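Contents of the following structure include VX-745.
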Amino acid sequence: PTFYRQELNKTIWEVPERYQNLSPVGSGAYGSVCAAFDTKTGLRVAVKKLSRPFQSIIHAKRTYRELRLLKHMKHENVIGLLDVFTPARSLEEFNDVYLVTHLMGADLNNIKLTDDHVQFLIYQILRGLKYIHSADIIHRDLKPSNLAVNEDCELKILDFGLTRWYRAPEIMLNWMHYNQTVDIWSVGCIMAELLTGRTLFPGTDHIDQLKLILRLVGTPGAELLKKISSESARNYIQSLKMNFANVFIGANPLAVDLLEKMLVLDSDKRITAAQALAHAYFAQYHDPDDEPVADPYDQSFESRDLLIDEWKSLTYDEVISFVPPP
Ligand SMILES: O=c1ncn2nc(Sc3ccc(F)cc3F)ccc2c1-c1c(Cl)cccc1Cl
Ligand SMILES: CCCCCCCCO[C@@H]1O[C@H](CO)[C@@H](O)[C@H](O)[C@H]1O
């Protein structure tokens, strides 16, 4: 394919002629994104240029992790790859990676909604999340900026968009043994924000965050306190449930019920994505024959400590072996 090279905000962009009208959209810690017109399909696409993929072992592993993940994601409510490319002709000159996906045009942060909107948006997050969780993946950072949305309200989960507010309390306590329901806590927070037009737990730090959570959900019972190893955490928690019905007064009572089953302190007793999809609140959208699960996903590389050249070679193999969707 014939590549062409141009400069957008001091960043060099070298892409196939397939992609036209490159327009800068923004950036993150892990790269920069342009909007572009895909002449092959006539659709608009988001192109992400990874910034310095192989600067370090951690960058190299992060690059591999992203490419491997997005190659696996094949679902309507989850970001996947239309294309992956590098201007490098060989492994020896391999130093850039570009990822291409279908463009939605907005995130959930740039969007007080009606109840039907909330039903549809949250249903799509949970449908996508069921698929993600079925591959034994935990997102760990669900928040509005990691949810890409259409102008007809279709939603896809992103891995990194353009945080503590939506984090499960056990992550704040640094438990390290997280259940997948950490993502369901995050969904609970987002859902509440959409309904009420305001952040549920706008903590100023990780400590204030727990205070705000405790004010709504109540102090943990005896059964939860005995699971907390940290003497400091236990001393802070004990040195301090609101009627959800009233906190979310005016909302759909089925929306309030679901929210009570998501924002549960005990991660064991939180509703799963698959369980939440069958809640009466989503009766208009729930179709158990169209809520698919994922092919098992090999994350065994995550426990490996490899050199940059090894990560880099493995990333290159995954670029060359990429087969686009139909
Ligand atoms: O609509 C989008 N669709 C996809 N992405 N992807 C990314 S990152 C990315 C990931 C995988 C790709 F193949 C390519 C990538 F760029 C970032 C934003 C984005 C948007 C978007 C836009 Cl264009 C504007 C405002 C807010 C958002 Cl969430
Ligand atoms: C400040 C509010 C108190 C937070 C209590 C969080 C309880 C989280 O729940 C706990 O999650 C752990 C990690 O997945 C599991 O090991 C436990 O079984 C579970 O009870």
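This chain uses plain numbering: 1 for the first residue, then up along the sequence. Numbering of ligands and ligand atoms starts at 1, following listing order. Hydrogens, waters and symmetry mates are skipped; everything else that's a heavy atom, side chains included, is used.
Location of VX-745, all copies: ligand 1. Counting heavy-atom pairs under 4.5 Å, the chain with the largest count for VX-745 is, by its name in UniProt, Mitogen-activated protein kinase 14.
Residue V100 approaches VX-745 through these ligand atoms, each under 4.0 Å from one of its heavy atoms: 13 (F).
Contact analysis leaves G161 out of contact with VX-745, as no non-hydrogen atom separation drops below 4.0 angstrom.
Atom 14 (C) of VX-745 is approached by the protein to below 4.0 angstrom, counting heavy atoms only. Contact between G105 and VX-745 is present, with at least one heavy atom of the residue lying under 4.0 Å from the ligand.
Taking each of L50, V33, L158 in turn, the one with a heavy atom nearest to atom 6 (N) of VX-745 proves to be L158. Residues of chain A contacting VX-745 are concentrated in UniProt domain Protein kinase. At a heavy-atom distance under 4.0 Å, only backbone atoms of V47 (N, CA, C or O) approach VX-745. The single protein non-hydrogen atom nearest to atom 20 (C) of VX-745 is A148 CB, 4.6 Å, given as residue, atom name and distance.
Distances below 4.0 Å separate heavy atoms of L99 from the following atoms of VX-745: 12 (C), 13 (F), 14 (C).
Counting heavy atoms closer than 4.0 Å to VX-745, residue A106 contributes backbone atoms (N, CA, C, O) but none from C-beta onward.
In summary, the atoms of VX-745 found under 4.0 Å from a heavy atom of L70, numbered by their order in the structure, are 11 (C). Given atom 4 (C) of VX-745, the protein heavy atom at minimum distance is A46 CB, 3.6 Å.
The closest protein non-hydrogen atom to atom 9 (C) of VX-745 is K48 CB, 3.9 Å. Taking the UniProt ATP-binding residues of chain A and keeping those with a non-hydrogen atom under 4.0 Å from VX-745 leaves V25, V33, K48.
Remark: VX-745 and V25 share no N or O pair separated by less than 3.5 Å (distance only, no angle test). With hydrogens left out, the protein atom closest to atom 12 (C) of VX-745 is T101 CG2, 3.5 Å, a heavy atom.
Here is the list of VX-745 atoms found below 4.0 Å of a heavy atom in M104: 1 (O), 2 (C), 3 (N). Taking a cut-off of under 4.0 Å to the non-hydrogen atoms of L81, the atoms of VX-745 that pass are 13 (F).
Of the UniProt active-site residues in chain A, the closest to VX-745 by non-hydrogen distance (1 Å) is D159, 4 Å.
With a cut-off of 4.0 Å, there are no other ligands or ions near VX-745.
In this structure, the binding site of VX-745 at 4.0 Å (heavy atoms) is formed by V25, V33, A46, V47, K48, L70, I79, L81, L99, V100, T101, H102, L103, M104, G105, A106, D107, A148, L158, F160, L162.
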